[PDB]
Protein chains: 2
Amino acid sequence: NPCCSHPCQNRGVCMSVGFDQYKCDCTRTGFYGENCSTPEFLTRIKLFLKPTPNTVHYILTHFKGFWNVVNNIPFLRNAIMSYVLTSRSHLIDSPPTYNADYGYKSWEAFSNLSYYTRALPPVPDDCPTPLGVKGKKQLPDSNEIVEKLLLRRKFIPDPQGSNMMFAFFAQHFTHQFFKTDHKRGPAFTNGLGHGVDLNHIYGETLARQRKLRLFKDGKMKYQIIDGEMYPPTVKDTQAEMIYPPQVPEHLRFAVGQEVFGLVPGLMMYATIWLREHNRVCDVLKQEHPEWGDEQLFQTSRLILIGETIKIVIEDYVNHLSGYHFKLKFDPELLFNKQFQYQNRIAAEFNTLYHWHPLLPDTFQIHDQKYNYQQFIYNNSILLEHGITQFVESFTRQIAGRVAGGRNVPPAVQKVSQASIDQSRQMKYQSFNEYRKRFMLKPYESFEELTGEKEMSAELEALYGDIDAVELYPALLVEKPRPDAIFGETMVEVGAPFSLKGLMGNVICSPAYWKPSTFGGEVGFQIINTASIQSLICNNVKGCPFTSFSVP
Amino acid sequence: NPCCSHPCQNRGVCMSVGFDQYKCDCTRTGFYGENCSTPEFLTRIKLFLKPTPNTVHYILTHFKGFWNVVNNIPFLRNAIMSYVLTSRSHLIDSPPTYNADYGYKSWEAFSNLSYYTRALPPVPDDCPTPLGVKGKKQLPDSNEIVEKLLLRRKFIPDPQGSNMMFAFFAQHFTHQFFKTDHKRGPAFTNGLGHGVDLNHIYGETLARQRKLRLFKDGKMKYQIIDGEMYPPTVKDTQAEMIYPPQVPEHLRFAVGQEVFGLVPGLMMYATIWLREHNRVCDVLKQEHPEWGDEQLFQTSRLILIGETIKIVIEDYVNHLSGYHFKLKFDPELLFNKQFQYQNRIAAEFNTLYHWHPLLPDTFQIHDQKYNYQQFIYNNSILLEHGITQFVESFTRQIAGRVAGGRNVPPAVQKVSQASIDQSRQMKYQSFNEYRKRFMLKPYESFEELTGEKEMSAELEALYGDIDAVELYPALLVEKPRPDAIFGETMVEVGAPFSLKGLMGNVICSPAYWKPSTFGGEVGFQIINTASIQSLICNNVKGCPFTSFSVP
Ligand code: COH
Ligand code: COH
Ligand SMILES: *[C@@H]1O[C@H](CO)[C@@H](O[C@@H]2O[C@H](CO)[C@@H](O[C@H]3O[C@H](CO)[C@@H](O)[C@H](O)[C@@H]3O)[C@H](O)[C@H]2NC(C)=O)[C@H](O)[C@H]1NC(C)=O
Ligand SMILES: *[C@@H]1O[C@H](CO)[C@@H](O[C@@H]2O[C@H](CO)[C@@H](O[C@H]3O[C@H](CO)[C@@H](O)[C@H](O)[C@@H]3O)[C@H](O)[C@H]2NC(C)=O)[C@H](O)[C@H]1NC(C)=O
Ligand SMILES: CS(=O)(=O)c1ccc(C2=C(c3ccccc3)C(=O)OC2)cc1
Ligand SMILES: CS(=O)(=O)c1ccc(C2=C(c3ccccc3)C(=O)OC2)cc1
Ligand SMILES: *[C@@H]1O[C@H](CO)[C@@H](O)[C@H](O)[C@H]1NC(C)=O
Ligand SMILES: *[C@@H]1O[C@H](CO)[C@@H](O)[C@H](O)[C@H]1NC(C)=O
Ligand SMILES: [N+]
Ligand SMILES: [N+]
């Protein structure tokens, strides 16, 4: 298969012609030639005028006094934010194309919603090396890579100050569209909404939704424990959950996502978001005393979806970015632009989002340290301390640095190995190939990748060629941007996936984005003034301070 | 419910505020005021410069010599065709909004692909009259409407000269996205692909597809009978079909759509499209002797999807329009525009497509006549005359006129009645309510609606108020345009659905629409040269002349 060497550059589509020849389709790539590497004239100019992503990142993270002005000049802030959205989202094909089973466009790959889609097609099955033509005939031992490049010896804190409120928000949030179906394999998902539908609160299916609902006032079922509201149980709802056998029945809280019984941190946000839904229900009932349970529930869900995107853009990502420019959630920025209001979750999006280095060695709640064995599946901890205590504690506890390597906790070691194994199982192309896919210069050496000599020597001993290095391992050991949590590649591959998935939501389309969709101005206002702090303020006893960084 | 009166105009969203108050959301309607009825300044200009549709239709169906010049100026033909697509598609909300159970925006309505969507929301439940406020407490008798207004008394031929080739094409073509799930109700569909995915050839599910495929050279199973290719049997494939018990085993042909055994006219196109598929497999095997079965199959399917859309626009719809202007299938026309590559079939789209007056009183094949008694479920006729004779006979047989009322054959009388009942059951708004939804002046008198005296008289007896007339009845009794097949409403409501459905397909998106997607330039050329004539010519013995109009 001549396409094994990935001959086609700049998004050129490779296709075999006979047994010994290929043909690059350069249509609308900006280039021409056998391999789509000769630039057209406007491409030459653009490339010449295009500053490096790291130059852009410098400018965005410096000159604070300059961005102060920009931030308070609506026309400017809007124009910039609008550009940020369109430029980044352009790197994601929409509607989607390839998946794990198709390196060529096909109706099965487009239409079958059970697959994660793919940004780059899989490596053909009959290739000399598992990645194409580079590297040894066999790939390095996954456990070896994990042990020599990923495993944590000494905890490395996030220089950006990310706390456990951020870490668990990331886990909780992404697991509504990262829902791998291992019954079928790593290439499949149970998140058929492929985005922010809040199925992790309300359930994936109507059947599960109906189990969780109270069908009174539009609300969700709940328990009252020590004066405060918590989710209902498996027993009361009949909504199944993943709990080991030791968990007593009355401690098996039922929420949208089956897996959120895993850690108390997830069950916290489950509790907080459950509280938020029922709160919005009270609000809406006042606005619409003539409304029944159904419209109250449905409108509340739409409001909470908006809240989610609002918070994720203006608190979650703003924190990650480290920008002085204030990011903005505003569907109006795109109403004059070409933009697809749909999304399909990429398998690589899932892979790069395995930020398990965030995890600490122990969890500190109030005056007590819990190890992993103590902390996993322990809902008594949640009741023992209550949500307020949790917020206050997690806000103070630092999270780990993702990029830079050697910062994955031993407890979640095998998970990190699984992340590698499943990449290979789904035939991922190389790190350098994904770099090129998102308009990044490929790394020419290991030393250039890590910015150091120790891990780069291990990499060289493992892989041989820099073009054989795999996506997930490279992402975690990539040289961090100055005092950053991520390296360049995590950002330039991540931001497009994130922003597309957020703005490519139905509620952001002009037909939906108007006050009547959310039951008037009052409801519409809940979205547009939402924040991580006010979410905690309105739903956590005492209204404690919180943010995604430690004070 | 105060919104029963449908107070909000010009796409304004009506919303209850309290028990006896309402509020219109005039967001981006171009209007303001309590009822969104006062035009904004730019709207004033647009409103006064827009020519009536009948003016536009006159201009498009006259000045023949001028259009033949326009047609041969790529710059002009493109510009025109582009505006046609964008303008007509701006009338369809995308992503979709309402369905039969939700007259307000909700996540259940958007996300649930089992519903038909709705261009207008369902009339609320507790309203004064079924339509809202207008009309009597009870709608007139269904059968009585059918008999006094819709039932044929003497066959009325289509002025534009449409034939059975056209009639069965419409039935065959539209039955891939009109698959009402009557096991659940008229509001639900089985075509979850919601558009032109050719499931009526390949089967809706992978399970069914696998039964129909040969898994050799990407081809579909088939028989050779009398030296010609026919679809395989239920026996040979295990693919269930709707056949009555009388039908012998060997005449139980199995194709994608379970119901196409219903008439020989449908099985005709099934056979032709089946031959086209395996023909393209042959063409692609010569271009790619290295390709395997799976890719040969998938790529052929993508090609046939291209062929269908090509023919529907440039042959099928071009015929229907009677436009001197030569419509063009060219996805590149929209790469500059705001356009959403996605679709959701509207129940109203389904309703208005019940062109059952197209049907003759008898079916003439060669030198024989068959009535509905002996024509239905009789594939023996198909094998008796062969496909070639079928095309020769259908090409020459005139179809009935759809507008003007009183042209439904007694055989499908019940069906016509089923249309009205299922409409009421789904809480459709009035005919005049839909005219306003598609920017038409509502008819003020029954006479203006029918342009005659006897039927309008009959209508005023049944309904009383012109605002009480239902969608389906009016569409078929409406005054046709000059020597036209339809009235203006059918067109100005039909076209937006048609074009959105066609151009919203994935393959029209810029990532798919390139030669590599279709196997190269040869494969790509098959799409861009397709016509109803060449489909017949390539897959039917003797290459008989054919067309959607009688000689
Ligand atoms: C982004 C934040 C984030 C955090 C904070 C987080 C924190 C935690 C944590 C303790 C707090 C524990 C015990 C786990 C344990 C796991 N993680 Co996460 N993980 C997170 C993102 C991921 C993602 C992404 C996946 C892939 C999920 C999937 O469905 O494939 C993952 C998968 C898992 C799996 C499934 C293993 C597999 O083979 O797929 C386990 C077990 N987990 N993780
Ligand atoms: C546009 C062309 C067209 C033609 C030529 C056509 C010609 C014929 C014909 C003889 C030639 C017969 C016996 C039928 C008989 C039927 N038609 Co059509 N119909 C057509 C468009 C429709 C559409 C559209 C529907 C709605 C189908 C759905 O799935 O909801 C329809 C539904 C039906 C149903 C559904 C049954 C029910 O809802 O109770 C029957 C029976 N049929 N029709
Ligand atoms: C999306 O693609 C999925 C994977 O290709 C597909 O799942 C596959 O479905 C087939 C047929 O339904 C299964 O085949 C099995 O089915 C019966 C079981 O009784 C047997 O007769 C077969 O021989 C075979 O055992 C596959 O097992 C299944 N594969 C996986 C990984 O789940 C989905 O159906 C596709 N989605 C849609 C909507 O079509
Ligand atoms: C899309 O909307 C459909 C209409 O609401 C919905 O179909 C409905 O699905 C539920 C299952 O959640 C069915 O429930 C029936 O069966 C259970 C079995 O225990 C009973 O408890 C229920 O009382 C009820 O009898 C509904 O009957 C069914 N309705 C129809 C008209 O088919 C789909 O499930 C929705 N799709 C998705 C993906 O959620
Ligand atoms: C580590 S950094 O260089 O400070 C940095 C961090 C985040 C971003 C940004 C992301 C992003 C979000 C999720 C994953 C990856 C990136 C985004 O959508 O906008 C900016 C940009 C830069
Ligand atoms: C009856 S007529 O006035 O000659 C006429 C016929 C067809 C059209 C046209 C339709 C159409 C197709 C199916 C249903 C309804 C409209 C279209 O998509 O473009 C033109 C426009 C006008
Ligand atoms: C769960 O937490 C409680 C404290 O609230 C503790 O007593 C118990 O030991 C924990 N469970 C395990 C298995 O350590
Ligand atoms: C079916 O057609 C054949 C001729 O092709 C005819 O002899 C037969 O009677 C028809 N069936 C019915 C039920 O009329
Ligand atoms: N650093
Ligand atoms: N006429």
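Chain letters run A, B, ... following the sequence lines, proteins first, then strands; residues in each count from 1. When a ligand or atom number is given, it counts from 1 through the structure's own listing order. Method reported for this entry: X-ray crystallography, 2.7 Å. Quick note: numbers below take in every heavy atom, side chains included, and nothing from hydrogens, waters or symmetry partners.
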Trainee: Which drug is recorded at ligand 5?
Mentor: rofecoxib
Trainee: Provide the name in UniProt for the chain that contacts rofecoxib (ligand 5) most.
Mentor: Prostaglandin G/H synthase 2
Trainee: Going by heavy atoms only, which other chains approach rofecoxib (ligand 5) to less than 4.0 Å?
Mentor: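 Other chains, by heavy atom: A.
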Trainee: List the UniProt active-site residue of chain A that sits nearest rofecoxib (ligand 5), with the heavy-atom separation to 1 Å.
Mentor: A:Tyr353, 4 Å
Trainee: I'm curious whether rofecoxib (ligand 5) gets near the natural ligand site - which UniProt substrate-binding residues in chain A have a heavy atom within 4.0 Å of it?
Mentor: A:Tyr323
Trainee: I'd love to know the other ligands and ions under 4.0 Å from rofecoxib (ligand 5), if any.
Mentor: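 Answer: none.
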Trainee: Show which residues surround rofecoxib (ligand 5) within 4.0 Å on heavy-atom distance.
Mentor: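 On a heavy-atom basis, the binding site is A:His57, A:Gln160, A:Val317, A:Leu320, A:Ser321, A:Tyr323, A:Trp355, A:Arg481, A:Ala484, A:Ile485, A:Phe486, A:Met490, A:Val491, A:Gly494, A:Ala495, A:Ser498, A:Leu499.
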